[PDB]
**Student:** 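Submitted below is the structure of interest, expressed as structure tokens.
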Amino acid sequence: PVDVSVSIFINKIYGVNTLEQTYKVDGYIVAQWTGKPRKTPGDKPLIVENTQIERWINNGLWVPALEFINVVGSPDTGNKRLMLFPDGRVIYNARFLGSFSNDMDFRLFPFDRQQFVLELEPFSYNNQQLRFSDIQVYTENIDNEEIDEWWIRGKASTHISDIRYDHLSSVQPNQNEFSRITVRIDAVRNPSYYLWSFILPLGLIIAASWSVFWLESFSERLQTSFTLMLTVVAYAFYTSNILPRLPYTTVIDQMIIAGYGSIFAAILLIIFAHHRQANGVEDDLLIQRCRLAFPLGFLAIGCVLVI
Amino acid sequence: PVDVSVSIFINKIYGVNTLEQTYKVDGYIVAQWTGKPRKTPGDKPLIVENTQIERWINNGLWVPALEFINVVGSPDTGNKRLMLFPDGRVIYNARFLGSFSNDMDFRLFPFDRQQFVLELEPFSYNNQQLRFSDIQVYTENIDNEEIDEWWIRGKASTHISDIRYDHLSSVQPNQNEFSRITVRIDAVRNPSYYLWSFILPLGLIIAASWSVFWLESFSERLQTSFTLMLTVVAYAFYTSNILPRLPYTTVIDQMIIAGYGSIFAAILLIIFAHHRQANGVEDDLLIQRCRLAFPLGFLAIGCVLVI
Amino acid sequence: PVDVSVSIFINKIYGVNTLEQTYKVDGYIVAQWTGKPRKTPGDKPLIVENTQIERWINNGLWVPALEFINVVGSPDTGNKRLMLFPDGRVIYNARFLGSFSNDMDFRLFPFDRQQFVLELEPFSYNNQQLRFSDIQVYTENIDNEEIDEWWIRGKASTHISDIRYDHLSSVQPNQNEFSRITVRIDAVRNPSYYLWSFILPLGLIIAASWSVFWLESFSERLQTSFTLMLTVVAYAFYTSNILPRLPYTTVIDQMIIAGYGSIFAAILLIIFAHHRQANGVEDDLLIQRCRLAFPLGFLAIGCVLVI
Amino acid sequence: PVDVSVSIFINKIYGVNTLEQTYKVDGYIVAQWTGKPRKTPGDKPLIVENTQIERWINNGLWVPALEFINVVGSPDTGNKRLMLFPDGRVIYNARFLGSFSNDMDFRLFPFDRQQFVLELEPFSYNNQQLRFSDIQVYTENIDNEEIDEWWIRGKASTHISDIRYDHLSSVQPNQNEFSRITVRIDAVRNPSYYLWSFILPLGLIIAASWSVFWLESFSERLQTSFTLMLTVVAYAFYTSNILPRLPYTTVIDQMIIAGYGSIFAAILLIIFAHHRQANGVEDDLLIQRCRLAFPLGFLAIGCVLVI
Amino acid sequence: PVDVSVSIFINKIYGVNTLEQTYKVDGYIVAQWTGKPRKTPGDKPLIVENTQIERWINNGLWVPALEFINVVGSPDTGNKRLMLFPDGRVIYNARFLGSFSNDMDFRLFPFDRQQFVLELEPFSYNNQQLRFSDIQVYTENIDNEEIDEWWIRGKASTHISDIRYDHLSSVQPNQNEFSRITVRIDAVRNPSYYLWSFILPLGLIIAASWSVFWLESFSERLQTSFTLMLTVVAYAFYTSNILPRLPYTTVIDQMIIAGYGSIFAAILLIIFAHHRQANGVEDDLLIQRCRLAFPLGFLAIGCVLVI
Amino acid sequence: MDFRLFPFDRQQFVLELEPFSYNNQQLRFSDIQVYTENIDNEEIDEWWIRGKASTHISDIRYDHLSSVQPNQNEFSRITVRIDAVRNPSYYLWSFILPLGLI
Ligand SMILES: CN(C)CCCN1c2ccccc2Sc2ccc(Cl)cc21
Ligand SMILES: CN(C)CCCN1c2ccccc2Sc2ccc(Cl)cc21
Ligand SMILES: CN(C)CCCN1c2ccccc2Sc2ccc(Cl)cc21
Ligand SMILES: CN(C)CCCN1c2ccccc2Sc2ccc(Cl)cc21
Ligand SMILES: CN(C)CCCN1c2ccccc2Sc2ccc(Cl)cc21
Ligand SMILES: CN(C)CCCN1c2ccccc2Sc2ccc(Cl)cc21
């Protein structure tokens with residue numbers, strides 16, 4: 001029941017696809033397993049590069065297909081080599097680049113925590129078993145990820161479990177448990193760019209929105225309101241175009257509704273101030289001095305969005 | 001007249017293409033059919049992985065090409081294995097990723113009901129017949145589909161019918177019936193994001209549009225109208241850019257016309273109020289108090305949009 | 001001089017590319033031609049699927065390369081079969097998906113008439129001749145094409161002509177005429193979406209533009225003009241982004257200039273009204289009552305845009 | 001030292017890529033060269049289609065790899081045939097589609113002159129020499145290209161020169177000159193669409209910008225300026241999105257700065273008028289009558305942009 | 001321990017991908033290494049083109065797989081030839097096009113300095129050693145890079161170092177040092193386009209923003225502020241859409257915050273001016289004459305952004 | 001230096017640095033800082049530099065008496081090379097031309 005050692009060198013993780021819940025991983029994979037001894041030229045181990053490998057299989061060299069369970073579509077394989085040893089053992093080494101899938105919650109958008117994962121498992125073998133898994137990452141955190149998009153937190157999580165597959169296990173009674181290496185790296189999004197260039201401007205806009213109450217007239221207030229309205233619609237548009245498209249509301253996306261809100265509540269106040277009067281036309285004395293009472297009310301409701 | 005058992009494990013449905021009426025499906029397919037017994041090494045069944053399979057065909061192993069009738073372009077095949085059994089039976093197992101086509105009505109829009117479908121049928125065989133179909137989906141609904149885009153309603157819809165193809169059935173008299181497995185999954189779009197972030201803002205915009213009648217002057221009313229106009233055009237653009245492009249009007253798209261409408265109706269009243277007079281310049285007394293009569297008229301016309 | 005029968009099943013025409021003058025067509029092609037009789041296993045005709053076909057060619061089976069004259073780049077071929085008959089005749093059957101080219105005039109944009117076309121012709125044969133062509137389309141019109149983008153008018157246009165190719169016909173004296181099947185389907189664009197959601201809003205905008213003459217002041221008129229100016233630029237942008245990019249002016253694109261026009265003519269009038277006077281400042285009495293004379297002049301010029 | 005005749009049929013030139021300086025060309029290529037006579041079936045020349053060609057090379061048929069020096073990435077080869085003649089001569093014929101590169105100056109912009117080019121040269125042969133080159137285009141100019149994007153001026157430029165490659169010419173002393181066919185067709189951009197739909201609207205906007213001086217007040221003038229400012233920013237955005245992205249300023253791009261300029265110059269004037277006075281607040285009498293002096297100054301500076 | 005000479009002809013570097021930190025490089029690679037002498041037809045060296053090469057390996061011709069360490073996905077190989085010499089030496093010559101990865105700091109932005117890099121290294125050989133590396137670039141700078149996006153500063157830079165790979169070096173004791181050629185070209189971004197068309201317009205906008213202090217009223221000042229606000233949001237959108245997307249703030253991106261800043265500070269002053277008074281309503285005399293004190297304060301803070 | 005195209009030269013000025021007695025002491029990275037400008041003042045100056053920065057840092061074999069120390073005789077050599085063009089003004093304006101007239 002073959003023991004297989006596996007090593008995964010991860011070279012680059014890039015191009016998240018928020019909508020498809022998808023990321024790209026470039027790296028090498030290495031499998032090692034000891035077979036029946038053989039005679040090699042010299043006694044040096046033998047090297048078999050690319051095209052030559054498939055020919056060695058036509059002569060009964062077994063090389064197991066190891067599938068990336070969580071890759072979306074067959075990956076781009078660059079180079080592959082076999083290392084056939086005189087004492088039997090065999091090393092398969094190949095570089096890969098593949099788009100891998102995992103569940104990704106982006107609802108806390110500019111402040112994400114994500115988990116990029118590789119799942120390896122033999123394509124047709126249940127008593128060929130993954131001996132031990134080793135993942136070699138060569139980076140550093142917190143560091144260059146001001147230039148880079150993501151903050152890795154954890155280093156190395158491995159598993160190597162057994163998968164059941166209870167469906168048509170009568171196709172082969174008593175044996176349908178496959179050996180699955182699971183590799184998972186934890187990462188955090190770099191919330192600098194999105195605050196310094198999206199969160200902050202929106203707040204200033206929402207703040208300056210409240211300055212509508214320091215307009216003297218009423219016509220001034222209500223008319224100006226509509227310009228604020230436009231300002232948000234403009235800023236929502238700017239937001240939507242550049243930010244990653246999703247099927248839920250992000251934190252930024254919530255703040256954008258808060259804008260739409262404060263402004264439309266202003267209009268109501270601005271108008272109800274006018275027509276809650278003692279005569280026909282007296283703006284209600286205290287009410288349009290919600291000048292430093294809208295900011296408080298907004299900030300109070302902006303402390304329950306957090307919890 | 002060969003019996004073929006089929007099983008389809010569905011791994012992920014993603015990337016709808018509203019314009020092309022198209023979706024992507026990643027999963028495995030398994031075919032089982034009993035052939036002339038053979039000697040396998042040992043008596044254990046024989047495994048034939050990838051490249052090796054095509055070689056077994058060159059020696060007279062028959063393996064039927066099973067076509068995805070409704071796939072748009074030949075799909076990406078990842079790994080394939082044969083399981084040759086000593087008692088004859090044979091298992092073809094392969095992972096696929098393909099862009100599939102089906103009719104899709106998106107007119108409702110953010111409140112969709114769609115039907116993702118697979119159609120399998122042998123490419124050149126009419127008395128080789130699909131024994132039974134089993135589809136294995138491993139998800140859950142109503143559930144994680146706040147993080148996910150779609151709400152599946154049904155689980156398992158199957159078909160296994162006979163297709164006629166009456167065109168040049170004299171090419172082979174009396175026999176042109178192909179066995180077609182049809183698999184169809186029902187799903188609902190998640191109408192959260194689009195309400196919370198598109199429907200609602202537009203309503204507020206349309207609502208605040210009506211507040212034009214609470215402007216005192218006429219110049220104030222008529223001038224402000226044009227800013228409301230701009231506000232809709234802005235919001236139509238924002239809408240159009242982010243939402244899926246289609247060749248018909250969505251619900252949102254109608255609401256956008258309702259905006260364009262109310263605002264232009266306002267303009268007419270606002271102006272007709274001014275010149276429907278007893279003197280040269282008297283704004284008509286009751287009319288510019290359609291303040292809480294436009295909201296009713298719009299809302300009345302917005303309850304016949306539903307039925 | 002070989003006779004070849006051809007039939008073309010058209011499964012889907014999708015993804016027009018206005019700039020490249022290009023459309024996508026998914027379907028099957030079948031060629032039939034009678035060769036030297038042969039012995040098949042049993043007496044049942046022999047089936048040769050995919051990879052196996054190329055092997056049968058290495059043994060001297062002639063299978064002509066049929067080229068799609070007007071396909072842009074070699075198409076995606078999915079499955080192919082040979083049907084070798086004991087009495088000689090041979091059937092080639094294969095599914096294709098390809099991006100095809102044809103001349104396409106889009107100057108009447110939302111109200112198009114187009115002609116989607118396939119041109120088939122053998123790649124190296126002049127006395128192998130296309131016997132008869134049959135095209136099998138299974139749709140219906142006027143019908144589901146509210147859900148679908150296009151309205152097919154004609155059904156079946158076929159040709160099968162002979163192409164001259166007079167360049168280096170001394171490479172082979174007296175014989176350079178190739179047999180070219182021409183298939184062409186006529187279709188009309190569904191002008192609903194573009195009217196109900198683009199043409200109409202623009203008209204309301206242009207209409208409301210004229211309401212500028214019902215402003216009392218001159219400062220009111222001239223200033224408001226600049227907001228109208230903004231509105232068109234906004235609406236031009238919205239138009240351009242969503243509509244298909246082209247190298248000529250569409251109908252919509254002209255109407256957008258008509259907007260740009262009426263508004264800039266207003267400014268001139270609005271200003272010329274102010275200074276075409278008897279005293280220093282008298283707005284010319286009749287002129288700023290081109291209130292219901294710009295609409296007529298615009299509508300008069302909008303009845304010569306048609307013829 | 002083999003003589004090779006070449007003919008290039010150009011079927012379609014489409015999809016310019018302004019940033020990459022890149023275009024697509026679909027067409028056929030034909031190479032002819034006389035070899036050692038051979039026995040053909042019959043005495044009719046022998047036809048060898050596609051896959052079969054590579055098999056004939058395995059038996060010592062020499063077929064020179066002809067490289068497209070200026071193609072970006074190996075091109076899409078559609079169909080290929082050999083024509084083996086009994087008298088020796090051999091004809092290679094294949095259809096190609098490839099993305100070709102050339103230096104492209106887009107600074108003029110909507111009034112471009114460009115030169116689309118093919119450069120052919122053998123990949124490993126210096127005394128195999130391109131006998132004569134022939135290019136077959138079947139179009140017409142001026143004519144259609146109101147429907148088409150480009151105006152071809154010249155017809156046929158050919159070269160067939162010798163390339164030096166002085167780098168490691170000691171790898172093979174005395175012989176490193178390769179025979180290079182050069183084909184180049186000259187074309188002009190169709191400056192209708194961009195004038196009628198971009199150039200023109202911008203001028204009207206810039207013109208209407210100047211009408212700011214016919215506002216009576218000063219507050220009217222200065223405030224309106226900012227709407228003009230917004231108006232340009234709006235139109236700059238519209239321009240940028242639709243027009244081809246570049247790393248230099250186009251003519252349109254300059255015109256857009258001219259807008260930004262006149263409007264900001266207006267602001268300066270409008271304000272300097274107010275505070276260049278004999279009292280505290282007297283708008284300078286002649287200066288705010290730069291009404292028909294800004295138009296002249298702009299048009300004067302717009303006649304030195306040309307030379 | 002094989003000596004390998006390498007030459008790299010670089011034809012074109014294009015299509016930077018700011019987000020993925022990625023660039024495209026098309027060129028040829030040449031490897032030369034002297035093997036056991038052989039008999040060639042004639043005594044002329046033998047040429048082996050494309051497909052024929054792979055056949056020569058099946059007969060024991062060793063051709064080392066040389067990997068591009070920093071290429072993202074296996075590159076597009078166009079044509080390849082072997083030049084087998086009678087005296088043993090062998091030349092591998094092939095054209096490639098590949099997307100290569102390198103670290104790229106885009107924070108400066110329109111005034112970038114970048115370093116485009118190739119890393120070549122044998123895929124399975126440590127005592128096969130890269131003798132010497134030669135890179136052939138044929139351009140000129142400062143020069144056409146007004147038409148071209150980038151200004152190359154340096155010419156060459158080579159390395160040829162030894163890489164350790166200390167992970168599972170017990171797989172082969174005492175020998176795991178691979179020979180890596182490193183090529184790096186230095187380049188500068190051409191900051192003309194981004195200054196002349198982005199930096200400048202923004203400044204004029206920000207400058208004209210300050211002209212808000214020369215408005216007479218207070219209602220005029222505060223209301224106009226909101227139009228300036230809109231103007232920046234507009235310009236941010238325009239900026240964001242066209243400029244390369246990044247995960248950090250560019251220089252332009254900072255300037256956009258400076259706009260958002262000055263305008264919101266204006267609002268505060270404009271409002272604080274009104275209610276820092278001796279009576280109920282006296283605008284503070286000196287303060288609203290920060291007319292030529294905001295420009296200075298902004299320019300003072302804009303000289304600490306540099307250092 | 002090839003001077004056969006004299007008044008119209010292209011030359012390559014080069015530095016080669018390498019440790020005098022060390023093979024596993026290795027030149028980590030090389031950086032060369034030139035502070036000039038071209039085409040420019042080189043009407044006053046004799047030469048026109050074209051390229052800026054060429055570096056190498058290779059390993060030199062020295063296969064002669066490598067048994068003096070078996071298995072280790074590869075020295076780390078920085079190579080720096082600058083490309084330059086001769087200023088063909090003076091020699092044309094004052095030599096080429098007069099001779100043609102003659
Ligand atoms: C600043 N350094 C974190 C840069 C590394 C960025 N990189 C990455 C990118 C996007 C999402 C997640 C990751 S994690 C990761 C794990 C291994 C390796 Cl080799 C690279 C990465
Ligand atoms: C929403 N949760 C049910 C998650 C499922 C998302 N996913 C999906 C996406 C778009 C449209 C339809 C579906 S159904 C489906 C069926 C099987 C699998 Cl494996 C994935 C999916
Ligand atoms: C609207 N119903 C006619 C549905 C068909 C639409 N479809 C189509 C799409 C884009 C452009 C032209 C066409 S025509 C056509 C011809 C044959 C077939 Cl099989 C499909 C199509
Ligand atoms: C009607 N005529 C304008 C046709 C020319 C259009 N087409 C083209 C497109 C973009 C850039 C350059 C060209 S030139 C050209 C040369 C040969 C052929 Cl076959 C087509 C073209
Ligand atoms: C003015 N000419 C130097 C243009 C250089 C543009 N091009 C380039 C593009 C993007 C990043 C780096 C470079 S460098 C380079 C090196 C060789 C060649 Cl062939 C082209 C380039
Ligand atoms: C116009 N500038 C090129 C003047 C430089 C002349 N100078 C020089 C002289 C003879 C041959 C080559 C050079 S290059 C060079 C590189 C660096 C420095 Cl610091 C001086 C020089």
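Convention: sequence-line order gives letters A, B, ...; per-chain numbering from 1. Both counts, for ligands and for their atoms, begin at 1 and track the order of listing. Displayed portion only: the contact tally does not extend beyond what is shown. Note: hydrogens, waters and symmetry copies are ignored here, and every other heavy atom, side chains too, is used.
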**Student:** Which drug among chlorpromazine, venlafaxine, tolcapone, pentoxifylline, oxamniquine occupies the position at ligand 2?
**Tutor:** chlorpromazine
**Student:** List the chief contact partner of chlorpromazine (ligand 2) in this entry, with the name from the PDB entry.
**Tutor:** Gamma-aminobutyric-acid receptor subunit beta-1
**Student:** I'm mapping contacts for chlorpromazine (ligand 2). Which other chains have a heavy atom under 4.0 Å?
**Tutor:** B
